[PDB]
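Structure containing S-warfarin.
Chain A residue numbers are taken from the PDB entry; in order, the displayed residues are 3-64, 68-385. For ligands, and for the atoms within them, numbers begin at 1 and follow the listed sequence. These values consider heavy atoms only, across backbone and side chains, with no hydrogens, waters or symmetry-generated copies.
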Amino acid sequence: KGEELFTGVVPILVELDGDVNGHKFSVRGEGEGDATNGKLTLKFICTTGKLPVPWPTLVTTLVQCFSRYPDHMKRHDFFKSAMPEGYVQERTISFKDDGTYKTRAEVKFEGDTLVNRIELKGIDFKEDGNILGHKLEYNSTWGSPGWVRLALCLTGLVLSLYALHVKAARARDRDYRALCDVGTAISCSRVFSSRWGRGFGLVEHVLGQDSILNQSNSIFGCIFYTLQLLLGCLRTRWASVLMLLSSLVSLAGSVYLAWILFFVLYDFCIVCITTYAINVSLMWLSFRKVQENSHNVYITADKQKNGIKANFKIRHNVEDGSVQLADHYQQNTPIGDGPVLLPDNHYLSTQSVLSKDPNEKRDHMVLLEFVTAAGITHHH
Ligand SMILES: CC(=O)C[C@@H](c1ccccc1)c1c(O)c2ccccc2oc1=O
């Protein structure tokens, strides 16, 4: 019956009393929620002055009853079924190599308003870590790619440019010797100028040799490493998936060319092995990156407490291009004694957009959120 209260837009009040390493603070948020579209719109203000932690670390703590459950999943919506009596949501949030938040909140209807009242205690944070030191990005669209990605892409670029220089000197001068041409046993310019050194050897078979796509592999390389470095500076999803696909094609071509270098050409190419290692590293970084941009809350039932349990990882962007992991363990227990929906295993998909209000001089955070339930299973 609790679902009836969520057709339409519902006003939202959030109140948090917090203590992090002895620094006491309070947050109040106000807004509205539209469960039909899984849309939350809220504004949060630190009422005690300045927040002692970065705002992104409080997003998960600061109303999953506003998630959109598709029709075929209606009976797996524990959060709405607990209303109006509400539920207790308790969490432990472990920041990797740093402190811990412990939160207890009551989410319930007071009059017409959905109210989330939170108590938060943070402990064991280091004063110059990413949290207390405020080293996390807020909502930057252009940011750092990290010195690992910069090193990989710049090295790959230098190697591609060098291979271009070698090809442009050998085709000009037959007797030219590159640095990676050592004696008569080791030769890189012989590898570059083979049929596989252009279009990976397979563009001439499919598009013909006349094609503009039948370029030297180092052209694909300059474009690839420049593209990887550029997309590493972005924070959206399309940059991430594009990164994954491009690094996957790059990995396939690199494995093929590695099979050609040995076993077929039987040559020693030092720049080639270097590039292979680069492309493996960028493959790993891209796979990891796709893992890191997905906020998915994994929900299972708890029949002992007649509630639910949830596990998920959140990764906050650090200003230097690295990531800060925050492990989330969650449990929800109904406040009343009426019946609730004990769901099958599923997950919630969440997209958050943080912003600033130019007419708010208090330390604050404007939050827009879209949450939809998915991945329903009868299993586990
Ligand atoms: C290292 C280079 O600059 C060119 C290298 C390469 C490696 C990965 C992806 C594209 C290009 C390269 C070789 O491995 C290679 C190996 C066997 C036969 C031809 C080759 O030519 C290359 O372009």
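Structurally, the main neighbour of S-warfarin is the chain that the PDB entry identifies as Vitamin K epoxide reductase, termini restrained by green fluorescent protein. Binding site of S-warfarin, heavy atoms within 4.0 Å: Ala168, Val196, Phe197, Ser199, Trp201, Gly202, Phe205, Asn222, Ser223, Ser259, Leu262, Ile265, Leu266, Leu270, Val276, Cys277, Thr280, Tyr281, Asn284.
Among protein heavy atoms, atom 23 (O) of S-warfarin sits closest to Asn222 ND2, 2.8 Å. Looking from atom 1 (C) of S-warfarin to the surrounding protein, the closest heavy atom is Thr280 OG1, 3.1 Å. Nearest protein heavy-atom contact of atom 3 (O) of S-warfarin is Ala168 CB, 3.7 Å. Examination of the model shows no covalent partner of S-warfarin on any chain. Atom 11 (C) of S-warfarin has its closest protein heavy atom at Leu262 CD1, 3.5 Å. For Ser165, no nitrogen or oxygen atom sits less than 3.5 Å from a nitrogen or oxygen atom of S-warfarin, counting backbone and side chain alike. For atom 20 (C) of S-warfarin, the closest non-hydrogen atom on the protein side is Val196 CG1, 3.5 Å. For S-warfarin and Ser259, the ligand atoms under 4.0 Å from any heavy atom of the residue are 8 (C), 9 (C). The nearest heavy-atom contact from the protein to atom 5 (C) of S-warfarin is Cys277 SG, 4.1 Å.
What sits closest to atom 14 (O) of S-warfarin on the protein, heavy atoms only, is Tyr281 OH, 2.5 Å. Ranking protein heavy atoms by distance to atom 4 (C) of S-warfarin, first place goes to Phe197 CE2, 3.7 Å.
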